[PDB]
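Drug on board: ribavirin monophosphate.
Every chain is numbered from 1, with letters handed out A, B, ... down the list of sequences. First listed ligand is number 1; within each ligand, the first listed atom is number 1. Structure method, as recorded: X-ray crystallography, 1.9 Å.
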Number of protein chains: 4
Amino acid sequence: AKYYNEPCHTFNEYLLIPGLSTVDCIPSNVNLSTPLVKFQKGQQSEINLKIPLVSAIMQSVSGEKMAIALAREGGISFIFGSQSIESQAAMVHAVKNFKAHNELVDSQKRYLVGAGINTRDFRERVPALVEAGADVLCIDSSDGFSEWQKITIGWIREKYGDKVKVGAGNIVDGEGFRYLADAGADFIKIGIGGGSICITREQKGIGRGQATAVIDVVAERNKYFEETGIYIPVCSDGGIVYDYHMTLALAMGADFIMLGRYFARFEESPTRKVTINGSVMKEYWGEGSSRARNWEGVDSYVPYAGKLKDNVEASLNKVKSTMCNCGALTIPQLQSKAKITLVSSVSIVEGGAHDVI
Amino acid sequence: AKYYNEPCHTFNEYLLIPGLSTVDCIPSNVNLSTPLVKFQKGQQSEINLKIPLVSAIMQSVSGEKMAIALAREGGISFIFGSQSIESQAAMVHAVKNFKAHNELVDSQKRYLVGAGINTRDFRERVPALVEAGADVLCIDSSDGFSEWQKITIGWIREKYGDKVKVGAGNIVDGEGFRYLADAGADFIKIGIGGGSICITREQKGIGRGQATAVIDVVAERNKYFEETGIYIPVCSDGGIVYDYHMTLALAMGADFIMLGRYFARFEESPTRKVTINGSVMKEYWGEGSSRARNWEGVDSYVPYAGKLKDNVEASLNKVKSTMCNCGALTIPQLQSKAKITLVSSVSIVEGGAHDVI
Amino acid sequence: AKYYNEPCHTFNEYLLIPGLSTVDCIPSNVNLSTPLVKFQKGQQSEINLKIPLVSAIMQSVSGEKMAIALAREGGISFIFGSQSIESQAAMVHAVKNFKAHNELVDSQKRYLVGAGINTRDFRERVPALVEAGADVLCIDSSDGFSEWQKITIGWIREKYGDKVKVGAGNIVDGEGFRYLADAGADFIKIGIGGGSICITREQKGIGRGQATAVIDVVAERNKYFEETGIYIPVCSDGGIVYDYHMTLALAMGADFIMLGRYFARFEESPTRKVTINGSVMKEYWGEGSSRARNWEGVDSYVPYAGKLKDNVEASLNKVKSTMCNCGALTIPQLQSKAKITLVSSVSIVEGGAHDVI
Amino acid sequence: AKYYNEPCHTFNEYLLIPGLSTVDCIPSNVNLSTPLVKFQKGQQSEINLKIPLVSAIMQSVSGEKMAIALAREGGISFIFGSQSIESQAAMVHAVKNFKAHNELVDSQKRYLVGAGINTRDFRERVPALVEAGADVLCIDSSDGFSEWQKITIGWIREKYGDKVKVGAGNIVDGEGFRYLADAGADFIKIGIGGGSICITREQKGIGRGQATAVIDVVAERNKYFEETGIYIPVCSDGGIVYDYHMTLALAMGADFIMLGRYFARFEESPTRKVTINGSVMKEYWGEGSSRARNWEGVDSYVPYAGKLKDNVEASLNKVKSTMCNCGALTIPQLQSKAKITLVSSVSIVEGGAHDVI
Ligand SMILES: NC(=O)c1ncn([C@@H]2O[C@H](COP(=O)(O)O)[C@@H](O)[C@H]2O)n1
Ligand SMILES: NC(=O)c1ncn([C@@H]2O[C@H](COP(=O)(O)O)[C@@H](O)[C@H]2O)n1
Ligand SMILES: NC(=O)c1ncn([C@@H]2O[C@H](COP(=O)(O)O)[C@@H](O)[C@H]2O)n1
Ligand SMILES: NC(=O)c1ncn([C@@H]2O[C@H](COP(=O)(O)O)[C@@H](O)[C@H]2O)n1
Ligand SMILES: [K+]
Ligand SMILES: [K+]
Ligand SMILES: [K+]
Ligand SMILES: [K+]
Ligand code: NA
Ligand code: NA
Ligand code: NA
Ligand code: NA
């Protein structure tokens, strides 16, 4: 077997060390634009998010309401594919024809929307999603290091060339990244085991600390870019617990972030808002739960947070403020200048409130 | 004294990183056969289990019912030797003559069964077990790095040559492995302190993290094979808490796994099924407890799990699925291709369900 | 991004190993004097504290009463600047004209006092503080690695030359130290995230273990001194939980220590003494709490400790005793001779009371 | 300041890995004799304990009854010196004249006994203890790296030559050992902060993990022996929680072990046996508690264990059994052959009972 020199680490084990903050860096001047799909050296991506957040490919997260609400703020949603082809295409169509500052739209001013696909019924599902107006697709899987994803991407390329964009994943190391890169993926998703509703141990025991996974994949992605001139955006998927984890993921090299729990708490998520003992909650279940995969996972509740807009603004304002502490006005600048330290196992306590009531 | 460069680690500190999964790897095509006794380069073992699981040499685990139930699924039980010679031989005889898909049997279609022996009354116990029809024997001890085991194996070789198979142990490092290998053991058992009912600290303070023990012994076993052309199967004994620990043990190099608690929960274990406050439990005590060694250990209860068959199928289906994630269709292929990472002390939390009710 | 070879550590992870204690080292012979502002090689600081403790620039800590009480014992307070310019100058004036063994005073025998300033209204606030009689100033910020601090110090130098002393901060590494050193700071404050009422994670995720921060900054400060002949005193700000942490901070190289919670517990702090369920407490809130910054932080209570005098004497007696264990009669000697070890993550338990009721 | 490459570790972080156990190693053949005072290469110590245990220099542990009970089993007690010179000499006299298999006695068949002394009144206390018949003395201090101990030992040598034996300590590193070795100590005590009733953090913050301290001192002691031909026995004082910690301390190089809590639980300790809510306890307080030092520490209770004899036999039987697992028939052989591993921070759980009720 193959072993590694260091153990893997998660986002909670890292902190950012400030860099020189100049007079021109104030939160309002920070640009959070980021590429969504691959491009060549010297070019710009054909699709750029206005904010680095995308909603998870989950029944309890990315419905039509979510897709519209997020696109309005500059991000994009990936309508879940764990439903009939007709039902998914209907949601995509509804988002693209909803209009019949930071909004993410196409040349026709329609909100952009993505859709998840599987390695099984893609020959029928992909055409339907394309006709419905899907702007980008993404193969939804816990282990993207599979010949099945290569086959799926291959079929798409042979039928649509590079006109149809498709992300692939998930992978957690350089080898997995390279395999999907060579396969033709437009963006690669990183993360196995980090999800809030994913209990690795009680399952297959496959995974890797999210921080280590991102750092490793990003190194391989940068090596790949230098070798081929092709820049492939990567997505840190899962493991975001606190707002600063967003800043860390981006600083470590991720172009954008995929979140489930974070968005499930909003009014726009497709789940039911239920009031339990005085506390308004929202349902949240993983795609691996029996409650979903049958149309491996856990079913739960998340505290109601209200409308997406206000929460995203608050989260990103903190990200922007932190970026200025690090001397960065853009994500690429943050990825270049960030100083990231690991924190001791025997600590973390000093970081939070201590010795006070 | 002699010290080591790194601290020892247990199974809970590791995770598997996926490899390339090909279209031909589906759980149903995975072969879990594995060698039980030593053989020379170019040969196959005289005894191959159909599944890599064997039941512990314990009064509360391996009785005749267990031996039949496990052999039926492809594994083998080691009838406890902590009973009279006549009583143990009777159980072996009963299993071998019970018949008077994955079943593990001899050339006469009779279920295979093993039996534990001690370094004290072997001159009388071994002959009885052989006559009763025992297919394999195993010296039962917490510290197999003993001249007593060499003497026992020597007596068996001098009286039966290589016709009677005998495992030895337990050891936790290369030196212990080599000593028993040179002594003539047919397979060597690994593990001291990892058992669920073994409290190292409150005892002698001897032991080693199970993962480190397996990894070290396997390295020595492979070195031994290259030097002598002799391949000696090794058994990871104890420390299995979750199904994925099985996959890890095998990936680290163990040919098969010995479990106590896992099997004690089944209907076929020889202990009493007792109902406590609405919960059906099964008794489970270690061989070191006063309740047993007198015909150092703890006496306890384990949740009733039902029939062995359904539980083993579920566990192994998960192992097979994980093997496919790692690109392995067989155990030897898994041992060659597995990518195994240690996880941070400051983590493991991200791995399970978090920040959700 | 830039990474580090080792994770950061906090004070609780360290212990001091005794050195040779001579017959002349008794607590009463220990000198705790220390420089407050920069000077050149061969010179002495223009301001030397008689004890290495200064009170935090906080509304709930450094009022006029605190400043007088601390100066009387040899330390200095930094009157909070989170109030009107007129109100702050009034407190400074009151301390300087209060008289109208270890007392810290000027050439006119008046108690010394400091005052915090911000990078916004300094053109008006600084002149007022100078006229009021402020002996030293200090820019109050969580991230001192800013062009704003360079501008502020520059304005002060251009208007007052080196006659007005001004500390800057906070920083946590060599780069931040060097930036403020070159900018002209008279002393540099170290620490981000360590404060008792600062919850890093629930904020920006910026910071560094206090011990590592001090050690790193001190190394850079010593390198700077060797290069330029300029010695810049540094202050360890925040993270002090136990008295021995004071000894550690000083041993690691800090010239003095800034504390908030420690002083808030005293009768002289400007907060209200409230009795809760039989326990007398004192209010304590961070400068980042809404309760303060509006004239990011937490509001709380700290156990009443009584008068400052008796508590400081007790704390420093322990520091002096420990210094003698280390063979040091002065702080510089402690910084040169201290033997400091990190303690295992798997321990710390042996250090406290254990296995006894 | 001086730093170290590795953090310090405690006994709970280590486990012993078995070595070859021969047929001649059974508990009853294990010899636990060990030297108490220094000797030259090729010689034997003038005083050899029959068991490697000595009772702490504490009011709540080593009284006349304890000294007699322990000497009867082969160990020695150090009558506390935190009492009047007359009172301490009386206890020593009573033990030496009490008679007016493994018993530790002098040439006159009288039980051996030790006595603690301080660096203050030794000019009067030492003569009294010598006349009373003390067999060995030991300077009692938390930080033995002091000129005061050198002076004390010097006075003893000048007045009695090498006829009066005197141990010194405590120290935790090679430098401290060497200082006391050159000063003339007959044996050196190791340990600061490990005591069960010693709360390092709430005090001076001085100390070192006991395991690391012993290992380091032993290395220096062996280097010293090779340089001068003088072998100085060392004592591991404090930190023993479990019986196996005894085996570890000895395996790491300590010639004998000093314990407080362990002995306080016995009928022979001088404290009161009190019954609390159905549980018989014994009082136990440190020498640093106000309750003692006035004729820094904690006052507590320890579960009654009964007579010393039966408990010591049980503890040492386990030590002997473990020694045989390691292939050692004597302490020196154990120190030469022991294989000692550190255990992961993320573990230790596997070592104890787990996943069972
Ligand atoms: N285990 C499951 O049932 C399940 N369902 C979704 N997921 C993963 O978790 C991610 C969401 O993580 P989180 O809630 O944001 O921490 C998804 O984008 C996906 O990669 N896991
Ligand atoms: N300490 C005891 O009393 C005792 N009895 C059995 N054992 C060990 O524990 C193993 C079972 O571990 P577990 O229950 O499967 O974790 C046995 O195969 C044996 O090696 N230990
Ligand atoms: N986060 C806040 O609201 C806040 N207010 C003050 N502080 C920091 O905490 C320090 C006090 O730390 P402590 O209470 O002594 O641990 C201050 O000197 C300052 O650097 N932080
Ligand atoms: N801190 C105290 O008040 C005190 N009193 C005794 N001690 C130390 O603790 C040792 C006993 O440790 P323990 O109880 O056996 O863990 C003593 O031999 C001594 O070195 N410490
Ligand atoms: K900055
Ligand atoms: K795979
Ligand atoms: K000392
Ligand atoms: K052995
Ligand atoms: Na904090
Ligand atoms: Na998880
Ligand atoms: Na302690
Ligand atoms: Na165990």
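The ligands or chains that make up ribavirin monophosphate in this structure: ligands 1, 2, 3 and 4. The chain forming the most contacts with ribavirin monophosphate (ligand 3) in this entry appears in UniProt as Inosine-5'-monophosphate dehydrogenase. Those other chains that come under 4.0 Å from ribavirin monophosphate (ligand 3), heavy atoms only, are C. Within a heavy-atom distance under 4.0 Å, ribavirin monophosphate (ligand 3) reaches the following UniProt IMP-binding residues of chain C: C/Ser196, C/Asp237, C/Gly238, C/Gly239, C/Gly260, C/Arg261, C/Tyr284, C/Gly286, C/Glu287, C/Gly288, C/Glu296. Ribavirin monophosphate (ligand 3) is never approached by C/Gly191 to a heavy-atom distance shorter than 4.0 Å. Under 4.0 Å from ribavirin monophosphate (ligand 3), not a single heavy atom of C/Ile57 appears. For atom 5 (N) of ribavirin monophosphate (ligand 3), the candidate residues are C/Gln210, A/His354, C/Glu287, C/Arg293; the nearest heavy-atom contact is made by C/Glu287.
Checked by distance only, ribavirin monophosphate (ligand 3) and C/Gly260 come closer than 3.5 Å through their nitrogen or oxygen atoms.
Per-residue contacts place C/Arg261 under 4.0 angstrom from the following atoms of ribavirin monophosphate (ligand 3) (heavy atoms of the residue considered): 13 (P), 14 (O), 15 (O). Note: an N/O pair closer than 3.5 Å links C/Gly288 and ribavirin monophosphate (ligand 3) by distance alone. Here C/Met58 has side-chain heavy atoms under 4.0 Å from ribavirin monophosphate (ligand 3), and that is the only part of it that gets that close. In this PDB entry, the source organism listed for chain C is Tritrichomonas foetus.
The contact set between ribavirin monophosphate (ligand 3) and C/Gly195, taken as ligand atoms under 4.0 Å from a residue heavy atom, comprises 9 (O), 12 (O), 16 (O). Counting heavy atoms under 4.0 Å from ribavirin monophosphate (ligand 3), residue C/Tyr284 touches it through the side chain alone. Less than 4.0 Å from ribavirin monophosphate (ligand 3) sit no other ligands or ions.
Counting heavy atoms under 4.0 Å, the binding site of ribavirin monophosphate (ligand 3) comprises C/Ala56, C/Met58, C/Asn170, C/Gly195, C/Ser196, C/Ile197, C/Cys198, C/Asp237, C/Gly238, C/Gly239, C/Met258, C/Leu259, C/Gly260, C/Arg261, C/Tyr284, C/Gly286, C/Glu287, C/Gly288, C/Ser289, C/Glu296, C/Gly297.
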Which N or O atoms of ribavirin monophosphate (ligand 3) sit under 3.5 Å from a protein N or O, and how far apart is each pair?
unit_1	atom_1	unit_2	atom_2	d
ribavirin monophosphate (ligand 3)	3 (O)	C/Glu287	N	3.2
ribavirin monophosphate (ligand 3)	3 (O)	C/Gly288	N	2.6
ribavirin monophosphate (ligand 3)	5 (N)	C/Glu287	N	2.9
ribavirin monophosphate (ligand 3)	14 (O)	C/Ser196	OG	2.8
ribavirin monophosphate (ligand 3)	14 (O)	C/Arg261	N	3.0
ribavirin monophosphate (ligand 3)	14 (O)	C/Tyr284	OH	2.7
ribavirin monophosphate (ligand 3)	15 (O)	C/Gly260	N	2.7
ribavirin monophosphate (ligand 3)	16 (O)	C/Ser196	N	2.9
ribavirin monophosphate (ligand 3)	18 (O)	C/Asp237	OD1	2.6
ribavirin monophosphate (ligand 3)	18 (O)	C/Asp237	OD2	3.3
ribavirin monophosphate (ligand 3)	20 (O)	C/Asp237	OD1	3.4
ribavirin monophosphate (ligand 3)	20 (O)	C/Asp237	OD2	2.6

